[PDB]
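One structure is given here, and the rest of the page talks about it.
By the numbers in the PDB entry, the shown part of chain A spans 1-174. Determination method: X-ray crystallography, 2.7 Å. Reckoned from all heavy atoms, side chains included, excluding hydrogens, waters and symmetry mates. Order of listing sets the numbers, starting from 1, for every ligand and every atom in it.
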Amino acid sequence: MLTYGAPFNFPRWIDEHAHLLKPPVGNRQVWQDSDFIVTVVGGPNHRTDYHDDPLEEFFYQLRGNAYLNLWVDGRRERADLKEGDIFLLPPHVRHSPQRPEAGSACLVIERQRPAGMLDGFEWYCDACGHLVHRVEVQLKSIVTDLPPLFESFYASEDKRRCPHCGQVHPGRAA
Ligand SMILES: O=C(O)c1ccccc1O
Ligand SMILES: [Fe+3]
Ligand SMILES: [Fe+3]
């Protein structure tokens, strides 16, 4: 059987869900329970953390512009996803995706991680640039598995304390 259904129009699928592709929600998986994790990610959404994925992530900016703050060779870099752009992020590269624009849409693809394989999340000192905080996590369900992790850091002056210049990372925004 056609487990994931049959083809459907994508433009007008996005439009239908536009109400979920703007915070508090922010994103939307297309199919459930599939090896390819396929999501549309919409703005506005800024975030403070860095994902460390053990596999690859594929981006394709269908609508609006966005960007990825990165960590490269020691410096902090930036990838621009102006509209129309595609990009393939290699594994373990550290990325913080900023979607300033209201009603931007970006297709993001990735693979269900198999048991044994954990993702890291990481925040860095704004000032001394040392790693403030890191959690590794067997990512099973984006929904259930991920917000709580963010709260524990965001609601604790203690974790946000840099183990170098003792400066307290903001957690909320910038
Ligand atoms: O957890 C992810 O792979 C991810 C998904 C969408 C946007 C940014 C990301 O780091
Ligand atoms: Fe990621
Ligand atoms: Fe610091």
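- In this complex, the main macromolecule engaging ligand 1, as named in UniProt, is 3-hydroxyanthranilate 3,4-dioxygenase.
- Choosing among aminosalicylic acid, fosmidomycin, salicylic acid, one finds at ligand 1 the drug salicylic acid.
- In this structure, the other ligands and ions lying under 4.0 Å from salicylic acid are ligand 2 (FE (III) ION).
- The overlap between the UniProt substrate-binding residues of chain A and the residues with a heavy atom under 4.0 Å from salicylic acid is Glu57, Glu110.
- Residues of other chains with a heavy atom under 4.0 Å from salicylic acid: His51, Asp53, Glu57, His95, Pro97, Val108, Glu110.
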